[PDB]
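What follows is a deposited structure in which one can find tigecycline.
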Amino acid sequence: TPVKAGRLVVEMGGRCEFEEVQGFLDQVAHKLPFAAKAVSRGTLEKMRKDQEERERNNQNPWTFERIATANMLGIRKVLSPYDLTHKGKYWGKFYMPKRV
Amino acid sequence: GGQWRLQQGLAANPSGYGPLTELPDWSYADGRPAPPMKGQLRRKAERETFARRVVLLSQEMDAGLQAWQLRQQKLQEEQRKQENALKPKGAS
Amino acid sequence: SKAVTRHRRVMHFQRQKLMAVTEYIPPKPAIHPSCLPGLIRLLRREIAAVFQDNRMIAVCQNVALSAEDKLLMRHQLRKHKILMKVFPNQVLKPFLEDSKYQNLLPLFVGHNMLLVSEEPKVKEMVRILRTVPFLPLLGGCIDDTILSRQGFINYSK
Amino acid sequence: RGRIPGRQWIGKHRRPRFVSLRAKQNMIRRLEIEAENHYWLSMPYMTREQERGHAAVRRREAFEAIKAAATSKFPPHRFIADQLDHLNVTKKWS
Amino acid sequence: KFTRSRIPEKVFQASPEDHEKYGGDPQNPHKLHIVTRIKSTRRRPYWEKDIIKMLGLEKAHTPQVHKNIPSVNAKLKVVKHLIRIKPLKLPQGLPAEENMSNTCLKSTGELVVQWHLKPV
RNA sequence: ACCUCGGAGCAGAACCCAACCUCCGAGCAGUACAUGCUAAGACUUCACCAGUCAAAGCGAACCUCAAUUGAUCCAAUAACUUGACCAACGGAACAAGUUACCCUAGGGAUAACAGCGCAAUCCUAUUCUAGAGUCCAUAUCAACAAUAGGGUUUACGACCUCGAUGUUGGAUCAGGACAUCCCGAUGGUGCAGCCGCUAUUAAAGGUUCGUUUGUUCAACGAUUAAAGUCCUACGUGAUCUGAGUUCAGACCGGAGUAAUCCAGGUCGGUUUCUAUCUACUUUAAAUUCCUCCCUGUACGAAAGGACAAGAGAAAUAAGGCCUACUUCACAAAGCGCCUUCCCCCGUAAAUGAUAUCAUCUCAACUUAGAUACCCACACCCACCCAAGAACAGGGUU
RNA sequence: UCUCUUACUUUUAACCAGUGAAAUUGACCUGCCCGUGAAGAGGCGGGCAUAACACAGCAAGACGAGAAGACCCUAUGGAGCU
RNA sequence: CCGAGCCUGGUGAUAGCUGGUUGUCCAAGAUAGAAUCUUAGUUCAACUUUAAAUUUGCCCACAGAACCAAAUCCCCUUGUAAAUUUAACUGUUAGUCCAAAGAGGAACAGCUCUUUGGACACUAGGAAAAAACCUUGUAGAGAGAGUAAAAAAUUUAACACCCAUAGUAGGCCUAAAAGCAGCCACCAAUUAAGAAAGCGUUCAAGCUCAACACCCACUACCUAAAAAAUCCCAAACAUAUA
RNA sequence: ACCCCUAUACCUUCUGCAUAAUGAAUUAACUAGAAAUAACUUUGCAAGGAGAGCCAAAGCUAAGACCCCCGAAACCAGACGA
Ligand SMILES: C[NH+](C)c1cc(NC(=O)CNC(C)(C)C)c(O)c2c1C[C@H]1C[C@H]3[C@H]([NH+](C)C)C(O)=C(C(N)=O)C(=O)[C@@]3(O)C(O)=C1C2=O
Ligand SMILES: [Mg+2]
Ligand SMILES: [Mg+2]
Ligand SMILES: [Mg+2]
Ligand SMILES: [Mg+2]
Ligand SMILES: [Mg+2]
Ligand SMILES: [Mg+2]
Ligand SMILES: [Mg+2]
Ligand SMILES: [Mg+2]
Ligand SMILES: [Mg+2]
Ligand SMILES: [Mg+2]
Ligand SMILES: [Mg+2]
Ligand SMILES: [Mg+2]
Ligand SMILES: [Mg+2]
Ligand SMILES: [Mg+2]
Ligand SMILES: [Mg+2]
Ligand SMILES: [Mg+2]
Ligand SMILES: [Mg+2]
Ligand SMILES: [Mg+2]
Ligand SMILES: [Mg+2]
Ligand SMILES: [Mg+2]
Ligand SMILES: [Mg+2]
Ligand SMILES: [Mg+2]
Ligand SMILES: [Mg+2]
Ligand SMILES: [Mg+2]
Ligand SMILES: [Mg+2]
Ligand SMILES: [Mg+2]
Ligand SMILES: [Mg+2]
Ligand SMILES: [Mg+2]
Ligand SMILES: [Mg+2]
Ligand SMILES: [Mg+2]
Ligand SMILES: [Mg+2]
Ligand SMILES: [Mg+2]
Ligand SMILES: [Mg+2]
Ligand SMILES: [Mg+2]
Ligand SMILES: [Mg+2]
Ligand SMILES: [Mg+2]
Ligand SMILES: [Mg+2]
Ligand SMILES: [Mg+2]
Ligand SMILES: [Mg+2]
């Protein structure tokens, strides 16, 4: 089964809190063939708002999306046509959460 | 010091359009000016060609702009000439 | 090599330079904002009960006193009609400060306990104190007068 | 002790290269030059309907000059003078 | 596959902070481009090489005047990564016939019509 | 296995686009009998050949289908017309095997050996904690899975070499790595002791002889402290062998009409080189086993049974010498004799802050923790020598 | 034969004298380690070493010499046999 | 040198195969494919060269190109100067890496196969040496000058103290299963303790946590390896104004 | 003169050779591009041209300028050899 970055692998609910699932869910996610993490609703929304906050308060004048979409320095000769939509956060099957 | 020369406006290469590169190298002892140098003659010819190209492009774009203005005036006058040569009758 | 590999593929050097240029720069604060500048109501009404009621107050140190010894000492003091209160210092000390027993304030520090009554039966409180020798009888007050243990023994005899 | 398998800069296993400060500064300089190019291209003078025919005469006359040269390609003249000056190779004193 | 690049009108819409960063009046635009090639056409596509040849920028660091018209702008938009574009400023106006032999372009992009080689 | 033609994907949107790439088909059928003639303009399978559409006009009337096919010559026929699974489908009119008895021109454009690339396969370490271990994940073993490393196997690629890079094992000499078989040090144990298991550190030193087999391997006999894993062009054939393997002879079984062949067995079968260049040709600290006593002590219910300290006796290795023995004899040798000396780091403790306890400390801090050899130097014609290829060296009183 | 090799004689050898070849040879003022590279470097990169020149010996390297590979493939190249 | 002797002649046999091919200087000049007893070759096309004739050739504005992503086709301006046709032929038609979209293989290969685009098979500088990465191209002399690309950064694990009686060996099941084998419920006293979160017991018994008090205050950086074979490999240096 | 700095012999072959791929000790001599159909250029004459034949809706006649070397195993004929 193909699995892409940012896809929930399994979902859990019930009369419990995060840490209780977080133990064995981290145990399973470490053993997965890709990078994986145990998230909650609040944790997932926290990561998304942190990512948009980092994109907003980035002090670098130059960004991968701006350079790629404007074809600055003729960089699309070494880039991929899918990098225009990945915006430098993806490299093959790998996702880099530290890129903005 | 190319960046500093650019900031002062004195090119970047000190051999570019300075008095140091454009003044005559020598003259006769009694005071007669030397015949002009080959590089300076070539630079003056290139600058004359550059200035003539500037003049040609400027006046060509200006002439095109006034030509477009005149075409717009002709279009508006043919639009505004909308007098009915005959007067309406019948149900009026 | 394919576009997707099991290993992190080596990038073209211009793309690597592009990433190293377009890395994220966090905002830098200027003068470092680190370097820049319940139970209380219930505990209050119960202490109101035991201070405007309950004339005789004795404050002792809450010695460890294993649980069977707690219950038996409590039950002797209860056959002889005084009570053991345990009320915490964090709600008791400011109550003294705004309720005038500030001379009794500097004694409620550390482990503390209250032997409290409406009948002044100091004789067994002190003979239970001699039965258990490691019990100080820190202080307290009789008829709204602050007394030390010498005053308690004088009032007893 | 440390060998890169095969050739250094090609293949599955390459010798790693890392970005230097001066290379980053060079790229930043070129990026600034291009942002300024973006601005000066972002402001135009005329529009397409205004420029529709403003240089047709000059382009036509330049192409007519090119046609005139390409048509005027043709062999050159020959001279009695040149042949009789080749006669001069036996010009002795006396 | 590597193809030509379509460049957004969004990056070619200017902004006010861009105007005061590079001081230039949106109304009354500048009339002529000073274009100067500052990068080789080697290791570049053939269409970019051809457009460099069309614009006349074969020799590097040799400035050239061009019209600030949309067609020339489209060519410079294709080849914008190999060139530097400046506005041609005329402090004392367009050259005339009597001052055409005493011109200089200068590094500031100001075509002066009178050139003395004398101190101010 | 395929060879020609067509449809779909790869090849998403003008055209085109390969793979011994993924699927589906074709070598016709049915209707008509103007399915007659002729003629602008076009398309075109990337050439040509071939193929495709068609206005108008004459004459009548009032084709479906995707591929559904074959050139020239020649043959048949009065003529019109018609002839190949020419399917190797741009088709030679008509021709098979075998060669180790082989030959020639070449090819590292192309295989076998070796190197190189890669790590599917192989090997190791760690993470996770199911499970086993009376209980107990973590003394020990370990599923599913994850992360990383190695380049010893079997492969895969065809990058140097086919105007030669000689080959399997064995002899000889070994260089190196440590992922340690033994000897050294230490931690844990389901470690009472002896024995063990597991982990850390350690590459100075060592790691046997035989029967069968060409064997590497493997089985077995006898030991030993141990009988390590690998790399070195599967180290080493201008140092050797040629038992095996793939030249020419022959036999057996099988295959084939036969020639002949078998990734089957068996008997036999030429191993050249006078060293030009690089490199090198005397760098003195040794390990191990056994015996005694400690001691039948510690330990242990008993059975069993140490570690330190010390003494002796050997063996090997290195260096050397002939007194005797022995080969022998103004001498060279071993089978004989003499000598052989430092540590090594894993960890265990004390004081003591960050963190007024404690804490062995990438806190400051404390403890466990070499000498020898050589060394002078135009007597030299010549002679002798325990010195020596020549040269050199020692003696000549 | 070997454990396990030793001693002696002859030839060879080395030196002196006379005579005097052959294969080989792009030019060489011809070192070591690691890396690189047509993927195994005396000659390239980084480091190390380094007065010059004979004579004897060795065979690890010069992918050493010899023989336009004796195995494999190719050629609309041959030949022998059935 | 007998799988068919030797010599002479046909014979200068033939060779899609190897080797070789001799003065100076300049200029243009790099590989879509189809057939083929063909893939070691050749013919046509394609590219290339020369000489002529003519007029448009590249870049492209809007509108236009089908139902079941990057882009392209077409294309007036515009910037430029090439293009088509005619005549005459040779030679290339055994291809490598890099970026991108894919296919095969192991989402192996300096692997194989297509496409788009670079570079190499031509110069120079850089990444250590260096084909294919980056910078740069049009040629000479100079003991002038401004620049291009262009030098890797990182160093990780301290975590509390004190305290604990009891309705009850809650009920059922079981020999007992007592908070802790499995089930229902989960109340309730002390100031404050779960009909018990881990251990631990055949079951019991025991000891930790959550709870009182106590008090400065939970102090809380949320992170993580190592191996191979001749000999580690520039020397080094934290602090003088881009 | 060396010492300093820079500099990976040549040819052939090939995608690519310092390559450890080929050839070469060195010198002297010898040793390898032959031609038609057409075209192009320059003359002569011109509805004709060429010293019969041939070509001709500007052609005809004349000239110039364009196509290598070595090498097999083989096949056949006639001799000579026990
Ligand atoms: C060395 N021997 C075992 C041999 C081996 C092979 N085969 C190999 O190359 C096999 N080598 C491998 C194992 C594949 C690496 C061989 O192929 C040969 C030979 C021998 C030669 C002998 C030749 C001989 N001459 C040239 C010395 C000769 O005169 C005769 C003769 N009888 O007249 C030959 O037969 C001879 O030419 C020959 O045939 C040999 C080989 O072919
Ligand atoms: Mg390499
Ligand atoms: Mg066609
Ligand atoms: Mg019709
Ligand atoms: Mg065929
Ligand atoms: Mg065919
Ligand atoms: Mg045989
Ligand atoms: Mg041969
Ligand atoms: Mg191999
Ligand atoms: Mg278990
Ligand atoms: Mg290949
Ligand atoms: Mg070979
Ligand atoms: Mg050779
Ligand atoms: Mg170790
Ligand atoms: Mg070997
Ligand atoms: Mg050898
Ligand atoms: Mg043979
Ligand atoms: Mg025999
Ligand atoms: Mg030999
Ligand atoms: Mg040498
Ligand atoms: Mg002699
Ligand atoms: Mg090279
Ligand atoms: Mg090497
Ligand atoms: Mg060499
Ligand atoms: Mg010698
Ligand atoms: Mg050889
Ligand atoms: Mg050969
Ligand atoms: Mg053929
Ligand atoms: Mg044949
Ligand atoms: Mg023949
Ligand atoms: Mg020939
Ligand atoms: Mg040229
Ligand atoms: Mg063919
Ligand atoms: Mg061929
Ligand atoms: Mg390849
Ligand atoms: Mg090759
Ligand atoms: Mg060779
Ligand atoms: Mg060579
Ligand atoms: Mg060859
Ligand atoms: Mg006879």
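Quick note on labels: first sequence line is chain A, next is B, and so on, each numbered from 1. Partial entry; contacts are within-part only. Quick note: numbers below take in every heavy atom, side chains included, and nothing from hydrogens, waters or symmetry partners. Note that ligands are numbered from 1 as they come in the structure, with each ligand's atoms numbered from 1 the same way. Looks like electron microscopy, 3.1 Å, at least that's what the header says.
- Copies included, the model assigns tigecycline to ligand 1.
- In this structure, the main binding partner of tigecycline, as named in the PDB entry, is 16s rRNA.
- By chain letter, the other chains having a heavy atom closer than 4.0 Å to tigecycline are F, G.
- In this structure, the other ligands and ions lying under 4.0 Å from tigecycline are ligand 17 (magnesium ion).
- At 4.0 Å, heavy atom to atom, the residues around tigecycline are F/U167, F/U246, F/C247, F/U270, G/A70.
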